[PDB]
Trainee: 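Below: one structure in structure tokens.
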Amino acid sequence: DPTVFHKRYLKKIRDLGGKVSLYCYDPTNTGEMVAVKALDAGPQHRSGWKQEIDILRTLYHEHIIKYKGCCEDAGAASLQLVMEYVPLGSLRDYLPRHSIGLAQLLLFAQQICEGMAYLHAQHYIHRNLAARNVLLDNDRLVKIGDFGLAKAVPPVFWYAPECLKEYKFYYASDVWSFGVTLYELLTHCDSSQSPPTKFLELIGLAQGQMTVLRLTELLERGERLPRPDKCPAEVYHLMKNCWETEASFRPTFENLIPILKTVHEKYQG
Ligand SMILES: NC(=O)c1cnc2[nH]ccc2c1N[C@@H]1[C@@H]2C[C@@H]3C[C@H]1C[C@@](O)(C3)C2
């Protein structure tokens, strides 16, 4: 996509959270809200940035945030990435404020799997799958964002043992993160139940440089996040399956889609 946004029609509304900001884009001096990501940076962060832009340019799917174009970023001697803006924001902000039923959360889970299967079918890994990077376009439509860490296959509290211990990252490693993301959904991203809160409670906060190693030891011993309240046993077993220590015993996102379809159906009625 070679779409170019002219800086002259861009007015900043707010920062969204690399840095992503919300702009109005209005050439008739009433128009479209857009999210714009901008790259301070130096040590080949620039090449990673070119990677992100090129990855997003090629991805087109209902459950992946839509690429809209680029604009000259004279101030960082780069491009800025222009994306669709989603007003409800990320599930991290939305879920604490609302009380979503199980069937709806399962639908979100299914849609995340669809976007991720698509991504994997493109030979890309995401490496940052967490509730905070899942955006809610409408009450029944989820989109995966934040491709900042995404890579062509040649967040430590969301990472599988092979990532933490060996610095490897498989398709199966994104499936582990999906498991943790699904746990977030079922706890409505309550901070007191969050993966950092729960794992720091076991590890403690006085382990010098060894936090990650301690986390790894607990995972390899088979320690896992608890069953959220009113998560069905079968959904908890699905999560535990996304968390197999051995990467090859995890389901793929392709495996997960028909299962999640079926369970959503069951809880919907
Ligand atoms: N298209 C977008 O990026 C985007 C689109 N609509 C949005 N509405 C509110 C935030 C937001 C977006 N924000 C980003 C998203 C969520 C949060 C903050 C931004 C960086 C983050 O990593 C973490 C991914």
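The chain is numbered in sequence order, starting from 1. The figures here come from the full heavy-atom set of this structure, side chains too, leaving out hydrogens, waters and symmetry mates. Numbering of ligands and ligand atoms starts at 1, following listing order. Per deposition record, X-ray crystallography, 2.0 Å.
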Trainee: I'm curious - which drug did they put at ligand 1?
Mentor: peficitinib
Trainee: Mind checking something for me? Which chain has more close contacts with peficitinib than the rest, going by the PDB entry?
Mentor: Non-receptor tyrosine-protein kinase TYK2
Trainee: Give, by chain and number, every residue with a heavy atom within 4.0 Å of peficitinib.
Mentor: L16, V20, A35, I65, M83, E84, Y85, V86, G89, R132, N133, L135, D146
Trainee: Looking only at protein heavy atoms, which one is nearest to atom 2 (C) of peficitinib, and what is the separation?
Mentor: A35 CB, 3.8 Å
Trainee: Kindly confirm or rule out an N or O of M83 lying under 3.5 angstrom from an N or O of peficitinib.
Mentor: no
Trainee: Of the protein's non-hydrogen atoms, which lies at the shortest distance from atom 13 (N) of peficitinib, and what is that distance?
Mentor: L16 CB, 3.9 Å
Trainee: Is there at least one pair of N or O atoms, one from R132 and one from peficitinib, spaced under 3.5 Å apart?
Mentor: no
Trainee: Hey, does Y85 come in under 3.5 Å of peficitinib, counting only N/O atoms on both sides?
Mentor: no
Trainee: Using distance alone, decide if peficitinib has a nitrogen or oxygen within less than 3.5 Å of any nitrogen or oxygen in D146.
Mentor: yes
Trainee: Can you figure out which UniProt domain of chain A lines most of the contact region for peficitinib?
Mentor: Protein kinase 2
